[PDB]
Protein chains: 2
Amino acid sequence: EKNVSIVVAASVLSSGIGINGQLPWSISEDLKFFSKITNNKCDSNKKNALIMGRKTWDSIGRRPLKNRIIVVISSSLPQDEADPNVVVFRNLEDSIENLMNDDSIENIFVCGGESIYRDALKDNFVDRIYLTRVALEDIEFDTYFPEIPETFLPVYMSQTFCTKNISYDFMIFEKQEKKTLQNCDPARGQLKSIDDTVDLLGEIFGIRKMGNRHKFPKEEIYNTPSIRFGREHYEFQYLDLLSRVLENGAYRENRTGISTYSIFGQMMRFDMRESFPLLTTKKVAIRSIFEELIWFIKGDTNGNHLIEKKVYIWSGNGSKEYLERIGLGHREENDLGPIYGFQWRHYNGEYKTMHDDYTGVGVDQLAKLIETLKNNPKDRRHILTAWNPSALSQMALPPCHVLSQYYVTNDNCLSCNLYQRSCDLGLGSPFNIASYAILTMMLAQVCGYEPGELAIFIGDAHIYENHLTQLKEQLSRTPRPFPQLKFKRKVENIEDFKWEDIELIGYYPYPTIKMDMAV
Amino acid sequence: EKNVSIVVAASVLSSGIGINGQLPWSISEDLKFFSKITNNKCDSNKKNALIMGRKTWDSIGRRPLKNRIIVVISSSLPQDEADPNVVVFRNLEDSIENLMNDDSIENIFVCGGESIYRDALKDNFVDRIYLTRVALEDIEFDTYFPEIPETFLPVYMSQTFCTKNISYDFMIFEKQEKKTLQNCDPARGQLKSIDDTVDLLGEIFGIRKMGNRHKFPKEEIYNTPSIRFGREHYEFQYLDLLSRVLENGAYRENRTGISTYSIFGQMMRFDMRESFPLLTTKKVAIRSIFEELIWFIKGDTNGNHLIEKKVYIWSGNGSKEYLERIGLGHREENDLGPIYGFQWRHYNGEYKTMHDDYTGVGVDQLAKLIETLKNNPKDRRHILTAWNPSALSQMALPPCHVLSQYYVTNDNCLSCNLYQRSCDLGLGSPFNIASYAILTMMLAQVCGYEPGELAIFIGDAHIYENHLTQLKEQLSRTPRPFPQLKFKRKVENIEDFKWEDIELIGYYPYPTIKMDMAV
Ligand SMILES: NC(=O)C1=CN([C@@H]2O[C@H](COP(=O)(O)OP(=O)(O)OC[C@H]3O[C@@H](n4cnc5c(N)ncnc54)[C@H](OP(=O)(O)O)[C@@H]3O)[C@@H](O)[C@H]2O)C=CC1
Ligand SMILES: NC(=O)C1=CN([C@@H]2O[C@H](COP(=O)(O)OP(=O)(O)OC[C@H]3O[C@@H](n4cnc5c(N)ncnc54)[C@H](OP(=O)(O)O)[C@@H]3O)[C@@H](O)[C@H]2O)C=CC1
Ligand SMILES: C#CCN(Cc1ccc2[nH]c(N)nc(=O)c2c1)c1ccc(C(=O)N[C@H](CCC(=O)O)C(=O)O)cc1
Ligand SMILES: C#CCN(Cc1ccc2[nH]c(N)nc(=O)c2c1)c1ccc(C(=O)N[C@H](CCC(=O)O)C(=O)O)cc1
Ligand SMILES: Nc1nc(=O)c2nc(CNc3ccc(C(=O)N[C@@H](CCC(=O)O)C(=O)O)cc3)cnc2[nH]1
Ligand SMILES: Nc1nc(=O)c2nc(CNc3ccc(C(=O)N[C@@H](CCC(=O)O)C(=O)O)cc3)cnc2[nH]1
Ligand SMILES: O=c1ccn([C@H]2C[C@H](O)[C@@H](COP(=O)(O)O)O2)c(=O)[nH]1
Ligand SMILES: O=c1ccn([C@H]2C[C@H](O)[C@@H](COP(=O)(O)O)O2)c(=O)[nH]1
């Protein structure tokens, strides 16, 4: 045999790869990738062959690629016996015989030309596809990468990387077809002895064997199942937690009338250095998120201000009937109480109403946090809490994102840890992830650092039963690279941030998915 | 070919397997295991053969095992043509030819007899060893399982299970010898395309690719490296976190004079249904742990009481010079301040000295916790906190185990979640794990539930540089099954627990490892 892989970089939405004989963007890392991958070979005494259309050959500047051999497909171009590292062929099929000999040629790469790509696929000449997904879709394109035939399936999807604020992925598709079902769990299949034993041990003991209490998700509820050992994109941190409760979540009632399926004690990780964790498998209402955040930062608890800026997430838990219902009927229409923010800027403060001027009262954690963060970074007490046993009863809703800790890496990056007691994976989480990601970025700009990593530890991770068809729909969408989020100016004080100060570069999510909140 | 596996159950320390022709214990699950494993076959038309010494044959009661074929090795016993499911052989070697034919015989199992075991190993007839480790070592034994030859290596170690309070494991050794180094990471080796790509991608980007910031532990610092895909025992949750910081921990200074190597945002899981998470790779001072816990429960803050019961963990952070040093020189010799416990039983209480009678002051979280736990189990607010922004300055030490949440499973089990801001993996963690495990058990007995699961989320997980050789020593020890911890009586009130009320059944740890605390 002999392998044939495609290497291409196309826009995330329309698979745009070229414009007037040029790449529609310039990302050196991707060129470096192309170089690394197409040079990568086992036999020092062999070379790899890169097949390309004549037009691409013109794009390269008709000059050979080091250590490799360029194979140009063209009807006109002369079979120049001159350069040995370059050879011409009249049709794609003929060139492919690199297999049929030139044992000097270890591997084959179809390097480009919408035409050459399309033909390679049509004649089923390719085994693999190395696809760099570039996140910029509103620019001119005149060349495209054909749709990947169904005989191909994704086996790996890298995390998102940034270059000049352009987001991008790296994922490889393999043309697998053989073999039946297969187990989605990547731990199995390593050696039958283990698999068999654990299975047997699982029959003897039942729910007694903890493993049986944490069953790996079934294919039908596992996002992009084919990527079994390469679920690198951090959106799988969420998608999997989703299918993980969908698999083990215990059906249970709660204070609202809508029951949920839940599991206890979970975690998700998110990089923030190369991208912003704004879920792509569903359009997320980032503005509302933001406006809720500064609201907290300000120490505001007047739910009208959010409504005024057309942000209604706190309407439900803020209505007259809800307050009445929870023994706060004395409270004004939207005075949510000593909730987040009040506890952030006025911890332990004696709350009256959302109208009083609490300036000076309580403990300003946010202030101290920022101060400690920049004056004693290696400090191990960079903590922010909203769980006040004394204030709970006055809150419209007990703090869900209970406590967060901050860490300053040796290389001056700011990471964040958040412990959430209760998490609505359907509505909450998406917001929650973005929110604390932003807060970290703000804290970072203000303290002179850059975003590091975001880790969230969940207590009661649940899915409201009325979100089942919706989240199933969402789990059917393959993740796209995360976008980038940047501040347009350096604020002096953390509370000066405004919506206009934010830039969401390259966000191309799937259509929004409607889901109803449980009051 | 044809496989030959040993199936045996021996005591954890001396490999005791028999006493006066009887098993020195009775665990039905293990017999059920033996049955499952020795019956487990691919070809419906074949049977498995179980080889055993005559004495064991007498132990079985000289009656065949269903669906299988018993092969008795004996010099005297008649070659009875009678029972077809039982056949006799004069020597071990001869019997092994089950391979050499009887294609009706799919697999071979060496089922016992210290003598038969010893010979099977000595003549290198066995491929695998299924070893059930039983945790009871102070009983008479007259038969033993020989030491496993070095050609054998452990590839799997189950979680710990209980039966009549006896703890036990299930681990399988495979006689692997071939192949060089091999990567410890179980994610690699699944398919070169992925591995290669990630490696290359890792060269292009550096610390930029998050993965490179979370490098998998190197073999030399990985506990029992051979178990690559079977690290089921939950003590690996700790051992690995250990080697994980040892691999990526950033060297950094802190308030004490001893620097540490740390990583941010980690987690560990522990089952509590079938065993008690008391590390075995090092003898752990469980009594001190306990005495510190009720101390907290009581709401006590007088560090003398611990010293009085010969518990000195809080001496350091309690001395006159330490208090002076942290601006609490006005405080009495061991009045630690509104620390854990005071915040547990008197949250937000106005602290004076360890002598005042705080009865009635503050918020009794522990009390409410217990009440909420039993009156509204599915409740999602079962929280306990020690992080009081207002009290911090009066504490000898800021709360390390910051906040914990509790969950009551549908099957009435009580699980626990703990967020720890700072964790000394060398000294703290071991204590920390046991401590919160016990607290959960107590809360459970008192609320009418049984222990579920314990999950710990770490913020600054670090290793003090002066614990390096010690933890290296510890990482060289292969885990033994966790013990069992039971209460000898049902207390009426949670604070009535006494050391005498506890039973640590089957704890056989490795020798204690001395490590010094950083003040
Ligand atoms: N984003 C990415 O990863 C990549 C992007 N690109 C972009 O794509 C564009 C170039 O591709 P595209 O316009 O399709 O041109 P291609 O590079 O495929 O080249 C087309 C030429 O190849 C020869 N050819 C193609 N098919 C045949 C055939 N069946 N028989 C004989 N000769 C054949 C012809 O040359 P002749 O006329 O001389 O006979 C044809 O004009 C550029 O904009 C380039 O930047 C290119 C590679 C990768
Ligand atoms: N914990 C566990 O997993 C297990 C525990 N056990 C325990 O071990 C004890 C039994 O084992 P142990 O005392 O060694 O006895 P074994 O079961 O090995 O049986 C010994 C007998 O096997 C025959 N035999 C052994 N070697 C040879 C040989 N080289 N050539 C010919 N015949 C041979 C002899 O019988 P003959 O005299 O008739 O010639 C010998 O007396 C019991 O207490 C039993 O409960 C047993 C299996 C498993
Ligand atoms: C987390 C958090 C903060 N919060 C506050 C908040 C208050 C009470 C709660 N109650 C329950 N049961 N679950 C929650 O997630 C929840 C969240 C949120 C509340 C609603 C939505 C929501 O419906 N979001 C959009 C719809 C509105 C929009 O488009 O802006 C969505 O459907 O995704 C998001 C966040
Ligand atoms: C966690 C926690 C509570 N604590 C309180 C406490 C207070 C200050 C701290 N300071 C630092 N830097 N690290 C700590 O782990 C730490 C822990 C502990 C303190 C010491 C030991 C300790 O030395 N344990 C034994 C020795 C004593 C014994 O045998 O009883 C050991 O060496 O394992 C354990 C727990
Ligand atoms: N993922 C991907 N990215 C690409 O840029 C790419 N480019 C083409 C075609 N042509 C281009 C043109 C020039 C170079 C080039 O100069 N490559 C050199 C230098 C790379 C570097 O180190 O920057 C090489 O060594 O391959 C690469 C691709 C086809 N498939 C691709 N596929
Ligand atoms: N791990 C292990 N446990 C054992 O008990 C064991 N026992 C022997 C030898 N003999 C004994 C004697 C009787 C039975 C027995 O009756 N087995 C039946 C019933 C098992 C059940 O369902 O309880 C079988 O089906 O194998 C098992 C082992 C050898 N290796 C072992 N190895
Ligand atoms: O940042 C947030 C704000 C609150 N909620 C949701 C989680 C729960 O669905 C609900 C609180 O439920 P109870 O704890 O009151 O039962 O609020 C979130 O998920 N994240
Ligand atoms: O239950 C406990 C008691 C405290 N410590 C340790 C962790 C840190 O090593 C030290 C506090 O360090 P700083 O946060 O003060 O830097 O106390 C624990 O690990 N666990």
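Chains get letters A, B, ... in whatever order the sequence lines come in. We're sticking with the PDB entry numbering for chain A, so the shown stretch reads 3-521, in order. All residue numbers given for chain B refer to the PDB entry; the residues shown span 3-521 in order. Hydrogens, waters and symmetry mates play no part in the numbers below; they use all other heavy atoms, side chains included. Per the header of the entry, the method used was X-ray crystallography, 2.8 Å. Both ligands and their constituent atoms are indexed starting at 1 by order of listing.
Taking the chain with most contacts, the partner of ligand 4 here is, per the PDB entry, bifunctional dihydrofolate reductase-thymidylate synthase.
The drug candidate or drug found at ligand 4 is named CB3717. In this entry, the other chains with a heavy atom less than 4.0 Å from CB3717 (ligand 4) are B. This entry records no covalent attachment of CB3717 (ligand 4) to a chain.
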